[PDB]
Trainee: 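What follows is a structure written as C-alpha cells; I'll ask about it next.
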Amino acid sequence: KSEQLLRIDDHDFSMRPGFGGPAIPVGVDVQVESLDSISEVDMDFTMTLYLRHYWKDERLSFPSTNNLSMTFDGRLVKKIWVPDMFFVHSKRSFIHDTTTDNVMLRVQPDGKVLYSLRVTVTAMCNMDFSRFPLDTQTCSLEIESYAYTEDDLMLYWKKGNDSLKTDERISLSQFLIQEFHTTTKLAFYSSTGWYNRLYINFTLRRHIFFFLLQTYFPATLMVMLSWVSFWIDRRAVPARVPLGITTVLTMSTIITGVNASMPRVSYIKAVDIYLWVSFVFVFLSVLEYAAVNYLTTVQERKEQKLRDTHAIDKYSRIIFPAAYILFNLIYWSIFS
Amino acid sequence: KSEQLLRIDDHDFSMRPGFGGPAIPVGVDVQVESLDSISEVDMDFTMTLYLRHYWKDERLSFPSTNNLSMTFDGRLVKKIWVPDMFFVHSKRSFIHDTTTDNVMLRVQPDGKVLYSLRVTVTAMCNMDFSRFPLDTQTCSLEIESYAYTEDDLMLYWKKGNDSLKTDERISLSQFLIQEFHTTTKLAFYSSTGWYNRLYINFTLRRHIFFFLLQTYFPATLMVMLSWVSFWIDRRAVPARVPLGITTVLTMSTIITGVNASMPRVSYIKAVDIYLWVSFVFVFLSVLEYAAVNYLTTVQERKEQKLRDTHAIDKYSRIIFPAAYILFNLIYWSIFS
Amino acid sequence: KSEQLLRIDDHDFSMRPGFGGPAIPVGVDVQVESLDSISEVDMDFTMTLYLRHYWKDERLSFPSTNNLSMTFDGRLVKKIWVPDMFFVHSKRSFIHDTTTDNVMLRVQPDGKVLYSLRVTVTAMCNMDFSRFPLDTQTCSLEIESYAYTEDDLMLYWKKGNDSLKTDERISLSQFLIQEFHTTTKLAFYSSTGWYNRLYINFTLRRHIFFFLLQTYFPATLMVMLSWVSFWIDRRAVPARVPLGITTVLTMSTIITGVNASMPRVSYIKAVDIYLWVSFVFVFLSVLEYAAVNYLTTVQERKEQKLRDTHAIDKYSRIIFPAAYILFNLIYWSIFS
Amino acid sequence: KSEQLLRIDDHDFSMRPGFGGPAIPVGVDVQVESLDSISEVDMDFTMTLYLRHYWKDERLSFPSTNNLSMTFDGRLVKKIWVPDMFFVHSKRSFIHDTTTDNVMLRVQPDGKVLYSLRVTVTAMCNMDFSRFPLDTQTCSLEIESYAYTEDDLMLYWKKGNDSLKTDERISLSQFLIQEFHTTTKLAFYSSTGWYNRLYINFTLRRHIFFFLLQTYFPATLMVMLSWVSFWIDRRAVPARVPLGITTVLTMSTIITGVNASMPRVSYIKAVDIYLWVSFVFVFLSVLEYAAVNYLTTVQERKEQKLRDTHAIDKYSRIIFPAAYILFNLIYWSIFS
Amino acid sequence: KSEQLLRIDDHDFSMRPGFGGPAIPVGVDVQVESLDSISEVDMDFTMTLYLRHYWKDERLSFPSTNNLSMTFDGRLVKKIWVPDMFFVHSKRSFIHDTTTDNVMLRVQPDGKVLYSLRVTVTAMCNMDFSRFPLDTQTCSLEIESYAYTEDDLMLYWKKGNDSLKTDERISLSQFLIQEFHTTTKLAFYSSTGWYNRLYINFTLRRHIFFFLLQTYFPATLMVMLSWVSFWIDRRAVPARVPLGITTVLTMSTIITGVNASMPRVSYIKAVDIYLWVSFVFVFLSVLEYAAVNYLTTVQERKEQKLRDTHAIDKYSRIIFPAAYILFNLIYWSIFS
Ligand SMILES: CC(=O)[C@H]1CC[C@H]2[C@@H]3CC[C@@H]4C[C@H](O)CC[C@]4(C)[C@H]3CC[C@]12C
Ligand SMILES: CC(=O)[C@H]1CC[C@H]2[C@@H]3CC[C@@H]4C[C@H](O)CC[C@]4(C)[C@H]3CC[C@]12C
Ligand SMILES: CC(=O)[C@H]1CC[C@H]2[C@@H]3CC[C@@H]4C[C@H](O)CC[C@]4(C)[C@H]3CC[C@]12C
Ligand SMILES: CC(=O)[C@H]1CC[C@H]2[C@@H]3CC[C@@H]4C[C@H](O)CC[C@]4(C)[C@H]3CC[C@]12C
Ligand SMILES: CC(=O)[C@H]1CC[C@H]2[C@@H]3CC[C@@H]4C[C@H](O)CC[C@]4(C)[C@H]3CC[C@]12C
Ligand SMILES: CCCCCCCCCCCC
Ligand SMILES: CCCCCCCCCCCC
Ligand SMILES: CCCCCCCCCCCC
Ligand SMILES: CCCCCCCCCCCC
Ligand SMILES: CCCCCCCCCCCC
Ligand SMILES: CCCCCCCC
Ligand SMILES: CCCCCCCC
Ligand SMILES: CCCCCCCC
Ligand SMILES: CCCCCCCC
Ligand SMILES: CCCCCCCC
Ligand SMILES: CCCCCCCC
Ligand SMILES: CCCCCCCC
Ligand SMILES: CCCCCCCC
Ligand SMILES: CCCCCCCC
Ligand SMILES: CCCCCC
Ligand SMILES: CCCCCC
Ligand SMILES: CCCCCC
Ligand SMILES: CCCCCC
Ligand SMILES: CCCCCC
Ligand SMILES: CCCCCC
Ligand SMILES: CCCCCC
Ligand SMILES: CCCCCC
Ligand SMILES: CCCCCC
Ligand SMILES: CCCCCC
C-alpha cells in the first residue's frame, strides 16, 4: 500500500509544519485559462484558472532506492495538511468534478509537495460609466489565507512576475483585454491581525468607432438636415412646418432607440448630453421660423391696413453652424 | 493529537453550556463585505458578510505552559456545541467552500471560543413605488436563534453600535446607500415563547436629475411646442392640422418609450399622471383649432349667403400657459 | 448522554407507532412567512412557510424528576420515526441549511413530540386570462402523506381554521392577496387506496385603474380625435387625408406598444377586441371621406361638362358617436 | 427488526434474480402529473410523472401467519437489487426529496415487489416552424434500461395501452395537448447489443384565430387602404404623395412590431412571405402614381409649348384587387 | 459475493497497471447524442455524449468455467483504478444520476475492462462576427488526461476515424451542422511535461436567404423609392419635401428595428456599412432638391427684379443609380 510508506497514523496532521517555530513559506503559481462572462449591471466577472501550491513537509518523507515521485488524487487531501486559500471579494465559486475531482498531489522523496486544482471563481468589480463610451475600467483578483496570519504562514509569488501565464486566445465579446501584472500588499484585520494578499490586475477597453457610428453620426446628420429650412422661401408654410415637426419626431425616435440599446445604468452620461443638446438645437430651429412667420403676417396686415429674405434667416444661417461647431469643440476638448 | 487535549469523549456536547442554570450569553459581530444585487420586481436584495460569535465554555479548557491558542477548521464543529443562528425572512443562502469550508474556530486556554464563517444571504424587502422616482426605501436584515428561547440563550451585540463595519467601496449601480445602524427587539412565538432578534438597517435613494432629464424635459418641450399653432394664421389649415397630429404622435411615442424603460410595476405613479396631463393638454390644443376653423367657415358661408385674429386664439394664448403653470405648481407642491 | 435516556437500540423505529392497531393521528400547523414570486407564463408560484407536526409515541418516554423537556436537532431524525409528508403538484422544493439544518425536535416526558422545519416550495396553478385585465384567479397548496393510507395514518388540522397564520406584511408587486382559508378532502389512488389531503386557499386580484389609464384612455382619445375631420371643409384634401393616415399610424403604434408590454399569452383577450374595434372605426373614418371626395369630383365634372356641407358628413357626425356609445354599452354590459 | 425477516446478509444482491437463466420480466406503469414548461428556442419540454416497477424476487420471501405486506422507504434500496431505468435523450432530471426521498417499496409475502418514485425530467424535441403559425408538432418520451440487454432484462408495458394515465387538468399556456398513446420498439447498440425501449407520444397545436387577428388582419387592411389613392383627383399631389409614404411607414412599423413578438427562429416562414408581398404591393401603389404625375406634367408642357381620369388609374382600379385576390387564393391553397 | 472473485484486498489500486514499466494504452470511443444550446454573446456551446474507455488489467482476472462476463455499477469505481479523463477549456459539466448514476463497468475473464458513462459538458468557442451574416465558425471539443503524462498513460482513438458516431437527428435552431472529424495533437506543460490530447471538430453555417430578405430588401426598396422625387415637378414643394423627410424617418426606423433584433456584439459589421451607405444616399437625395429649390427661387427673383426640367434633376437621374450599382458591385465583390 502506497499510503503505508508515509507514516500517516504516526503524525498529527491538524497542525501546520514547523509548529511553534518560524512561519512556513508557501509559493503560488497561477495560469489563467479563459474569461467566461462579464456583467455590467451587477459589476462582476467570471474567470477559470489553475491554482498551484509549493511547500515542504518533512513528515511526508519516505525512503526510496531511486528519485521517482508518487502521485495521489484528491482522496489523500483529507488525511494531510493543505493550505486553506480562498478568494477575497468573491460571490460564488466551485471546483470541477468531471469525471472526477480535478485535484492532484505529487510528493517528492525529501518531502516537497505540489498541490494543483482547477477552479472557477466570480469576483466583484466596481465600475464607473461617467465617461461612457470612452471609459476605462480596471479589475483585480485577490488571494489570501483564511485562518493563518503572517506569523504562521508566509505567502508569496514563487517566481515574481513570471508566475502568471495567460492563454493566447483569451478574449471578450465587447471588451479589449491588456496589461496583465501582479502585485502584493499586506492587509490588517482587527479581529486576528495581519495577512498577506496577492493581486492579479488587468484593464478593459471598448470599441470607439462602433459607438461613434451608431450614435454620433445620426444625431449630427439630423442637426445638419434641420438647417435646410433656412434656405427655403418663407412663403411656403406647409413645407416649412412639417419638415421641422418631422425632424423633431425623427430625433425623438432616434434618442429612444439609442437609449433602448444601452445597459441600464441610471445616471447621466456624456452621450445623453450630446443628444439633448442636439434636441434643443432642433427645437430652436422651429421657434425661429415660427417668429419669422408671425412677423411677416404682422407686417403684411399693417401694410394692408395702411392703404426678399428676412434678416432672421440671414443671421441664423451663420449663427447656428458656428454655435454647433463651438459646442463640439468644447465637448471634444473636455472629454478628449 | 490536538483533539485529545480537549476531553471530547468525556462530555455530552448535545446540551448547551450551563444546562439547568442561567442563560449563556452570546456576542455577535458583523462585517459587511459587499452588496451583490437588488431586484425591484421580486423585492429582495443580496448581501455577503462575515459572521462572528463569542461565548465561553469551561468544558473546552486545556492545560498549557503558555498563553498560546489552538486553531481548528470546520471539521471540529460536528464534535462540539455551536449556536444555531439563522436569518429571518430569507429566501436562499449558502456558505462558501472554496477551496475549503470558510469556517474557523479558535479556543483559548480558559475556554473562550471564537467562531467565524463567511455567508451570502438573500432577504426580502417590501417596497412602495407610489412616489417614484422620488421614493425612499428602507431595508433590514434580521438574525435570530432558531431553537433556543431567551431563557436558555441570550443574544446581544458585543460592542453596541461599534459591532457593525462596512467596506469603504460598497456601492450599487442605480441606488445610493447611507445610514447604517443596528437595533434590537424581542419577538414572541405562540408555539415556543420569546426570542431575541437583531437588526441591520440602511436606506436607499435614487438619482433625481437623470430621471428628470430623461422624462420631464421632453414632455414639457412638447407641450410648449404644441402652443406654436396659436401664432400661425388661421387660413393655413394644411399647416395647422398636420402640426397638431404629428405632435400627438410624438407625444404618444415618447410616452410609450418612457413606459418601456421602467420596471414592470402595475400601479399608478406620479410620472404617469404628469404624462397623461400633458397628453390631455395636447389633445385640447387640437380641439381648439378645430372649432376655430368650423366657426370661420360658418361665418364666411353666412356672409356669402347674405350678398384679423380670432378671439379664441387671443384668449388661448394666455389661458394655456397659466393653466399649465398652475398645474405644475400644484404638482410640485404635493410631491415636493 | 441524552440519547441513552431514550432506548433507541431497544426498539425498531422502522415501523409506525401502534403498528397492527388503529391509525395514529397526526396534527399539522402551518405559518406562512412570505410569497416570493409568481410566474404567469409558466403558471406557478413560490411560498416559504413553517411546517409543524404533532403526535405521541410511548417508546420515547423517559423518566424525569421534573417536567422539563429535551430539545434535539435534525441529527436525531434519522434514528426515530417521523411522518413522510410531501407537497402535491409541486415542481421544486428544498430545506434551508444555514447555518445548519432548520430542523427542531422536542420530546415531552410522556412521549409527546413536536417536529418543526422551514421549507420553500413551488407549486403549479392553472390560470385563465380570458377576462384580462378583469380576471380573478384562485390558487391552492396541498399536503398529503406519501406512503401511508388513512388506515395507518390519520391527518387533520390540529385547531381547525385556527391552524393557519399569515404574516402581516405579505404582499405581491402586481397582485392583491385576500381570503385565506383551509379545507380538507379525501383522495383515491387505484394503486394503494385512499389518502387524506389538506388545502390552503387564497385569491388574487389586479389593479383595474392602472390598466384602464394605460390602455383604454389612449384608444378612446384617438377614436374621438378621428372624428375631427367631419367638421373640416371638404375642399381641403391635403388637410383631410394626412390627418386620417397619421391617425391610423398612431393607432397602429399604440396597439403595438400595448401588445409589447403584456404577458405572452397566445389567445384572444377583451382588450384586443376593444383595440381592433377602434382600429376598424378609424379605417371607416377614412373610407367615408374617400367616397365623399370621389362624389364631389364626379358632380363637379358633370356640371362642367353640362355647360354647403355634404349629406354624408351630416349623417356621419351623428352616426359614428352613437354607434361607438352603443358598442361601449354592450361591451361593458358583457364584461361588467 | 423488520430487515432481519429478509435474509439480507445471506444473499448476493449485486446480481439480477434468476442469474444464468431466462431473462426476468419487468412491468412499468406511468402516471403523468403535469407539464411544466416548453422552450421553442432550445426545443425541449419538462414533465413531472410517477414511475412504477413490478417484478418478482424469491430471495425476498419471508414467512407470515397472514397476508399483510411490509412497506419500506428509500433507505432499503441500497441493500437490494433494483432496475436501473433511465430516460433517453434527456437533458436534466432529479428526484424530489421534500420532506424526504419520494421512494416507496412494498414487498409481498411470496416475493412480489412494488417500486415507485416521483421524478421530473427534461427531454429534447426537434421542431419545424416552416408552416408557422399553422404547424403541428409531435413529441416523445423514452424509457430504456442502461446496462441490461434483452437477454437479461425484459421490459414491457404491464397493461398495454391502459398503463398510461394523465391528469384531468393538464394544460399549456400557448399549446393544445391531445392524443396520448404508447408504443414499443427495439434499439441496437454496436457496443453491447439490443435493448427494449418504450415511448409516450402526444401532439401539440396552436390557436389559429389569435395569430390571424394579430397579423393577417392589419396587413390586409393596410393593403386595402393603399388603394384609396386611385379614387382621388390626380391634381392633388400634396394629398396623393403623403398618403402613400405614410402607408409605407405604417406597413414598415407593423412588420417590425410583428417580428418583435415572434420567437427568434432564423429561417423563412409563410407569414413573412405574406407581409413582404403586401409591402411590394404598397410600393407599386406609389410607383404607379409617380409615373401618372410624370406623364401628366409632360403632356401639359407639350400642350403649352404647342401654343377626366387617366387610363392608368382606370386599369389599376381593376388590376390591383384581382391580383391580390389571386395571390390570396394561391397562398391559402398551398398552406391550407 | 461477486466482489470476492476479484482479489480487491490483495492489491494496491492507487497505482496504475504496469507501474515502473511501459505506459498503459487506453482507447476512447465517443458517441454524440445531441446539441443542447449555443450562446453567441458568451461564446460557448453545450453537448451531451457517451464516453467509453478500453484498457486491460491483469489484477482483475478471475477464474471461470465459461466465457461469461460480470457487470458492475458505479459503486465499484471507488475500489479500482480508472483513468482520470477531463475536458479542456470547459466551463461546467455534470454526470446524470437519474434514477441512479449512469456508470457501467464490464470485466472480462482475462482482465479486459469496459468503462462507460453519460456526461453533459459546456465548452468555450471563440467566434468572429466580422463577416456577419456571411460568417463561418469552427468549434472543437478536447479530451486530455489530468495527472498522467505520455510516459505513464498513452491515449489514442481506438478505431481511428470510426470511433466517432453522431445521432441522425442532431440539429440546431439557427445553425447548420456539418463536417464531423477527429484529430490528435501533443500538448506541453512546463510544470509536468507532455500530454496527449484529442479533438472533435465541426462547422456551423447560417441561413443566408432569411437575413437577405429581412435586411437587404427593405433598404434597397427604400433607396429606390427615394429616387421618385427626381420625376416630380419642381414647383410642388409641399409634395417634394415631406416625401424626403418621411423617407428619412422610415429609413431610421428600419435601421433601428434591424439593430434591435441582432445579437449584442459591439463592433462594426458589413450589414451596418450597407445600411449607413443607404442612409447617406437618402440624405443626399434631399440636399439635391434643397439646392434646386434655392436656385430656382434666386433665378425667379432676379428675373422679376430685371423687369422645363432643371439640369440638376436630369443629371441626378443618371448619376444616382449608377453610383448605387457601382457600390453594390464593389460590396458584393469584397464580401462575396
Ligand atoms: C411674438 C412672436 O414672434 C411669437 C411667435 C411664436 C411665439 C411663441 C410660440 C410658443 C409659445 C406660445 C405661448 O402661448 C407663449 C410663449 C411662446 C414661447 C411664444 C412666444 C411668442 C412667439 C415667439
Ligand atoms: C361646433 C364646433 O366648433 C365643432 C368643431 C370640432 C367639433 C368636435 C370634433 C370632435 C367630435 C366629433 C363628434 O362627431 C362630435 C363631438 C366632437 C367633440 C365635436 C364637437 C363640435 C366641435 C367642437
Ligand atoms: C365609388 C366610391 O365612392 C369610391 C371612393 C373610394 C372607393 C374605395 C377605395 C378603396 C378600394 C379600392 C379598390 O380599387 C376598390 C374597392 C374600394 C373599397 C373602393 C370602392 C369604391 C369607393 C368607395
Ligand atoms: C418614365 C416614368 O414614368 C417615370 C416616373 C417615375 C420613374 C421611376 C422612379 C423611380 C426610379 C428612379 C430612377 O432614377 C430611375 C428608375 C425609376 C424606377 C424610375 C423609372 C421611370 C419612371 C417610372
Ligand atoms: C447654396 C445652396 O444651394 C444651399 C441650398 C441648401 C443649402 C445647405 C442646407 C444645409 C446646410 C445649412 C447651413 O446653414 C449651411 C450649410 C448647408 C449644408 C447649406 C449649404 C448651402 C445650400 C446647399
Ligand atoms: C443657438 C441659438 C441661435 C439663435 C440665433 C438667433 C438669430 C437672430 C437674428 C436676429 C437679427 C435681427
Ligand atoms: C386648459 C383648457 C384651456 C381652454 C381655453 C379656452 C379659451 C376659450 C376662449 C373663448 C373666448 C370667447
Ligand atoms: C359605424 C359605421 C358608420 C357608417 C355611417 C355611414 C353614414 C352614411 C350617410 C349617407 C346619407 C345619404
Ligand atoms: C400587381 C401589379 C399591378 C400593375 C398594374 C399596372 C396597370 C397599367 C395600366 C396601363 C394602361 C395603359
Ligand atoms: C452619389 C452622389 C451623386 C451626386 C449627383 C450630383 C449631380 C449634379 C449635376 C450638376 C449638373 C450641372
Ligand atoms: C466612422 C463614423 C464616424 C462618425 C463621426 C461623428 C463625429 C461627430
Ligand atoms: C470638430 C471636432 C474637433 C475635435 C477637437 C479635439 C481636440 C483634442
Ligand atoms: C437637468 C434637466 C432638468 C429638467 C427640468 C424639468 C422640469 C419640469
Ligand atoms: C414651476 C415649478 C415650481 C416649483 C415649486 C416647488 C415648491 C416646493
Ligand atoms: C359608457 C359606459 C357605460 C357603462 C355601463 C356599465 C353597466 C354595468
Ligand atoms: C378573427 C380575425 C379574422 C381575420 C381574417 C384575415 C384573413 C386574411
Ligand atoms: C380568399 C380566401 C380563399 C381561401 C380558399 C381556401 C381553399 C382551401
Ligand atoms: C429573397 C430576398 C432577396 C433580397 C435581395 C437583396 C439584394 C440587395
Ligand atoms: C448587383 C449585384 C452584383 C453581384 C456580383 C457578385 C460577384 C461575385
Ligand atoms: C448636465 C447636462 C445638461 C444637459 C442639458 C440638455
Ligand atoms: C431661436 C431664436 C428666435 C428669435 C426670434 C426673434
Ligand atoms: C389619478 C390620476 C388621474 C390622471 C388623469 C389623466
Ligand atoms: C379647448 C376648448 C375649445 C373651446 C371652443 C369654444
Ligand atoms: C371575436 C373578436 C372579434 C374582433 C373583430 C375585430
Ligand atoms: C364608411 C361608410 C361610407 C359610405 C359611403 C357611401
Ligand atoms: C420565397 C419568399 C419570397 C418572398 C418575396 C417577397
Ligand atoms: C406599377 C406599374 C406602373 C406602370 C407605369 C406605366
Ligand atoms: C468603415 C465603415 C464606414 C461606414 C460609413 C457610412
Ligand atoms: C447632392 C449634391 C447636390 C449638389 C448641388 C449643386
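Chain A is the first sequence line, chain B the second, and so forth, proteins listed ahead of strands; every chain is numbered from 1. Atom set for the values below is all heavy atoms of this structure, side chains included, hydrogens, waters and symmetry mates excluded. Counting starts at 1 for both ligands and their atoms, in listed order.
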Trainee: According to the PDB, which drug is present at ligand 4?
Mentor: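 PDB records name it pregnanolone.
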Trainee: Would you mind finding the main macromolecule in contact with pregnanolone (ligand 4) and telling me what it's called in UniProt?
Mentor: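 Greatest contact count: Gamma-aminobutyric acid receptor subunit rho-1.
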Trainee: At a 4.0 Å heavy-atom threshold, what other chains are in contact with pregnanolone (ligand 4)?
Mentor: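 By heavy atom, the other chains are D, E.
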Trainee: By UniProt's count from the N terminus, which transmembrane segments of chain E have non-hydrogen atoms under 4.0 Å from pregnanolone (ligand 4)?
Mentor: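 With UniProt numbering and heavy atoms: 1, 4.
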Trainee: What is the organism of origin for chain E, per the PDB?
Mentor: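 The PDB lists Homo sapiens.
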Trainee: Which residues form the binding site of pregnanolone (ligand 4) when counting heavy atoms under 4.0 Å?
Mentor: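 The heavy-atom binding site is D:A291, D:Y294, E:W227, E:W231, E:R317, E:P321.
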